[PDB]
Trainee: 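If you scroll down you'll find the structure; I have some questions about it.
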Amino acid sequence: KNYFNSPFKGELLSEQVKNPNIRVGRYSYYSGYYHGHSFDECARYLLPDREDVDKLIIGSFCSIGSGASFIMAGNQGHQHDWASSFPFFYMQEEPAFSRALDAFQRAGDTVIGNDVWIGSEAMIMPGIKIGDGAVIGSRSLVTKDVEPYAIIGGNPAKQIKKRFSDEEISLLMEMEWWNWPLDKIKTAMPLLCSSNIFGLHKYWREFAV
Amino acid sequence: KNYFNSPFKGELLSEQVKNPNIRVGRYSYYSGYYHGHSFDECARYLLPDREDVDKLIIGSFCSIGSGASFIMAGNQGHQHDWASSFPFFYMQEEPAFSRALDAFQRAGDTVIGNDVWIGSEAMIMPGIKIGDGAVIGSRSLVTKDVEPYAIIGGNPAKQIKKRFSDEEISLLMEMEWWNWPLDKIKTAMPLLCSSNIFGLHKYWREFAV
Amino acid sequence: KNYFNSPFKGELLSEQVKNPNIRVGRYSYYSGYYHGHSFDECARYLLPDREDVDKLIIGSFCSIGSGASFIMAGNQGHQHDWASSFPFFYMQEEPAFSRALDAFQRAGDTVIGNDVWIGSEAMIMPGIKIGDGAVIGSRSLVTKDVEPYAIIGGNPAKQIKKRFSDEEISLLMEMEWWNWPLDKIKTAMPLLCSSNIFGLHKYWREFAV
Ligand SMILES: O=C(N[C@H](CO)[C@H](O)c1ccc([N+](=O)[O-])cc1)C(Cl)Cl
Ligand SMILES: O=C(N[C@H](CO)[C@H](O)c1ccc([N+](=O)[O-])cc1)C(Cl)Cl
Ligand SMILES: O=C(N[C@H](CO)[C@H](O)c1ccc([N+](=O)[O-])cc1)C(Cl)Cl
Ligand SMILES: O=C(N[C@H](CO)[C@H](O)c1ccc([N+](=O)[O-])cc1)C(Cl)Cl
Ligand SMILES: O=C(N[C@H](CO)[C@H](O)c1ccc([N+](=O)[O-])cc1)C(Cl)Cl
Ligand SMILES: O=C(N[C@H](CO)[C@H](O)c1ccc([N+](=O)[O-])cc1)C(Cl)Cl
Ligand SMILES: O=C(N[C@H](CO)[C@H](O)c1ccc([N+](=O)[O-])cc1)C(Cl)Cl
Ligand SMILES: O=C(N[C@H](CO)[C@H](O)c1ccc([N+](=O)[O-])cc1)C(Cl)Cl
Ligand SMILES: O=C(N[C@H](CO)[C@H](O)c1ccc([N+](=O)[O-])cc1)C(Cl)Cl
Ligand SMILES: O=C(N[C@H](CO)[C@H](O)c1ccc([N+](=O)[O-])cc1)C(Cl)Cl
Ligand SMILES: O=C(N[C@H](CO)[C@H](O)c1ccc([N+](=O)[O-])cc1)C(Cl)Cl
Ligand SMILES: O=C(N[C@H](CO)[C@H](O)c1ccc([N+](=O)[O-])cc1)C(Cl)Cl
């Protein structure tokens, strides 16, 4: 049964996420009608029962399209530098594999910043960091860390351009509007819904003491 | 429940399409067994209830493989040139967002020509025009308009080659066999099932007055 | 209903495969929780009822991730070198198409070697041969044959690197550990779970008469 009533509406990550090893920021949402499942299944292979695994961390004011996925569990027990990539350690039904060593290796957390737009069916590899403000094109295969405000696409994903000038990006990284009190975001809404980064920064300087 | 009985058979677009904002030509079909849904769900985010949206237009004698998708609704309410890509205007459950502006922007219709082969899990971005005779490889991410008779593939999709010489393409674009009366298509079937473009054009000149 | 109980466990190919035109080696498995179906549906368009079609052959000690697919049935009745790519021969419901010729062309078997790791949602095109020891990255679109021990990724897929030196690859191709009696694999398990290719080859020379 589809978790979603409509392709024209998602649901807050904070409302649907049940895996303890996913941490999500305010207002971020997943719109998953075309793939049926809620967001937890987007975090593939993420054990929910222990601290000693790579975690998935998502910032605030993120938009995540249908069927995006975040590949967890590191190398999933496969070490291609070993003679075989086959996970003998994980097939203990076979007594002949009893002397196997565990190939599992962590990749580090997957960290998605604030104000990140993730297109439908993008797939983020293990251990990837995505900076604030990035745009991940639909169907991107994200194999490398993504700089703040980068627009990327492709398989493998490559940076196409940045959303703003370096000077504007510096202003945004300084003001961190995604952490403002809600009443300031409410007041700033006309500027947030605009290309006027300099004006948004001017408001930040006005209210921030 | 799967809309399709078999992976070895599709169904005519004209028989399955119910969205009023999808227009389809004769004999074009969708073979969707491996993704379950009928063709309407291939047109993602396509509002069915109004005239003032981008429409999906598909020509005649097109073949569409399983899970191909056509991304509609323009930018879906996200403007990356604005300070935030987050669609505040669409989260009016939050009163703090009441002053938001609508970021929505149309992309233009998605237009698929005649005699177009679309491979399984190709994904066509908003506003894309695909010329007559094109071949869209499986898993293509189509980010730019496609020339008539181009064979393309990849993510992002790139033109690999064309199906015919420029001279042969000129003959095909002149004769427009996909608009012939059915009795002419019936008579031309041996030539249509052949590489004899010059002969097909000769038949067109014979019957077209 | 999901064929799989868990994303953390697959099932042996030998246990789940029912299509007579799929041949699989020992211990190879498919972990398909995120796409629901058992492995047979991974082999798209593979007729089960006759000898005169391209077959899917998979070696031993292969690991196949969720939603990987192997596109069978050659050109599926579409010949882009003909005037139309539309499969008139397959729409005999329309009497006007009765003079159509069958465009179907075989591509040759799809052959996956031993000790091959196939990432989730990789898609292998018709007729492709993948050498022993290869690693197929997640979401690869595999359009060309893959050399033994190549690590590939992308759409279209490209070779990134090889797993071992040419000298080490030569040792592995000579010893063919994937065909050893199980008692030798059991004894060699510490070396198989290691980067010590030279030591594994030394054990092979010790026991092989
Ligand atoms: O969920 C939301 N938007 C997503 C797009 O990110 C939703 O799927 C959607 C798509 C299209 C659209 N439209 O055509 O205006 C509106 C919402 C907002 Cl309601 Cl928060
Ligand atoms: O036991 C579990 N996971 C273990 C680590 O505790 C690991 O992922 C695993 C998977 C399969 C397996 N096996 O085939 O027996 C053993 C451990 C469950 Cl919590 Cl998924
Ligand atoms: O994913 C893409 N486009 C989507 C289609 O749903 C749409 O055009 C879009 C692109 C960017 C965006 N953003 O920068 O926030 C929002 C929607 C391309 Cl960037 Cl690959
Ligand atoms: O406009 C500004 N301040 C005015 C008073 O000069 C007021 O405080 C204000 C701030 C923000 C705003 N907004 O984000 O829409 C509107 C008015 C600064 Cl951005 Cl210069
Ligand atoms: O639907 C049709 N063909 C699609 C391929 O575009 C169908 O999925 C199919 C696939 C393979 C095939 N074969 O092996 O001959 C026949 C039909 C025709 Cl019946 Cl109109
Ligand atoms: O009301 C609808 N769509 C509106 C435009 O009329 C637009 O897509 C939309 C989506 C979500 C929304 N919201 O969160 O309240 C508001 C409008 C339904 Cl027809 Cl999908
Ligand atoms: O999609 C592709 N191949 C499909 C696999 O189902 C098949 O080989 C095919 C290719 C082209 C085609 N056509 O030009 O009409 C028909 C089938 C490659 Cl072109 Cl990426
Ligand atoms: O073959 C041709 N005309 C013959 C008579 O000369 C006849 O009219 C015809 C036309 C088309 C055809 N076909 O498409 O198979 C067969 C015969 C022209 Cl293509 Cl030169
Ligand atoms: O099926 C198996 N492994 C696959 C990975 O190839 C399974 O999906 C899996 C994934 C992650 C994992 N982990 O976190 O350790 C264990 C098994 C082994 Cl149990 Cl044979
Ligand atoms: O009859 C079958 N397949 C035939 C070859 O025997 C071929 O794939 C096919 C598909 C569709 C079709 N049709 O539309 O009538 C005819 C043959 C079934 Cl076994 Cl799938
Ligand atoms: O598919 C990939 N990574 C997977 C994510 O599940 C994982 O990092 C992995 C990569 C290689 C591998 N191997 O060489 O056997 C095993 C797991 C990249 Cl190689 Cl594209
Ligand atoms: O270690 C070796 N032989 C020892 C005796 O010298 C013994 O036969 C053995 C072989 C393999 C092995 N293993 O794969 O772990 C352990 C001991 C050869 Cl690899 Cl040099």
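Order of the sequence lines fixes the chain letters, A, B, ..., with proteins taken first and strands second; residue numbering starts at 1 for each chain. Counting starts at 1 for both ligands and their atoms, following the listed order.
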Trainee: Drug at ligand 2 - which one is it?
Mentor: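 The drug there is chloramphenicol.
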Trainee: Which chain is the chief contact partner of chloramphenicol (ligand 2) here, under the naming of the PDB entry?
Mentor: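 Most heavy-atom pairs belong to CatB8.
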Trainee: Quick one: other chains with a heavy atom closer than 4.0 Å to chloramphenicol (ligand 2), which letters?
Mentor: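 Under 4.0 Å by non-hydrogen atoms: A, C.
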Trainee: Using a non-hydrogen cut-off of 4.0 Å, what is the binding site of chloramphenicol (ligand 2)?
Mentor: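 The heavy-atom binding site is A:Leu47, A:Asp49, A:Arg50, A:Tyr90, A:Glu93, C:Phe8, C:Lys9.
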Trainee: Could any protein non-hydrogen atom be found less than 4.0 Å from atom 4 (C) of chloramphenicol (ligand 2)?
Mentor: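 Within 4.0 Å: no protein heavy atom nearby.
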Trainee: Which heavy atom of the protein is the closest neighbour of atom 18 (C) of chloramphenicol (ligand 2), given with residue, atom name and distance?
Mentor: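 Result: A:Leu47 CD2, 4.4 Å.
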Trainee: Does the N or O separation between A:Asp49 and chloramphenicol (ligand 2) drop below 3.5 Å for any pair?
Mentor: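 There is no such contact.
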Trainee: Considering heavy atoms of the protein only, find what lies nearest to atom 15 (O) of chloramphenicol (ligand 2) and give residue, atom and distance to 0.1 Å.
Mentor: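 For atom 15 (O) of chloramphenicol (ligand 2), the nearest protein heavy atom is C:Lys9 NZ, 3.3 Å.
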Trainee: Counting each atom of chloramphenicol (ligand 2) from 1 as listed, which ones have a heavy atom of C:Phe8 under 4.0 Å away?
Mentor: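 Per the distance check, 10 (C), 11 (C), 20 (Cl).
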Trainee: Check for other ligands or ions less than 4.0 Å from chloramphenicol (ligand 2) and list them.
Mentor: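 Closer than 4.0 Å: ligand 9 (chloramphenicol).
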Trainee: Which residue and non-hydrogen atom of the protein lie closest to atom 1 (O) of chloramphenicol (ligand 2), and at what distance in Å?
Mentor: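 It is A:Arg50 NH2, 4.6 Å.
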Trainee: For atom 7 (C) of chloramphenicol (ligand 2), which protein heavy atom lies nearest, and how many Å away is it?
Mentor: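 In this structure, atom 7 (C) of chloramphenicol (ligand 2) has A:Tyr90 CE2, 3.8 Å as its nearest protein heavy atom.
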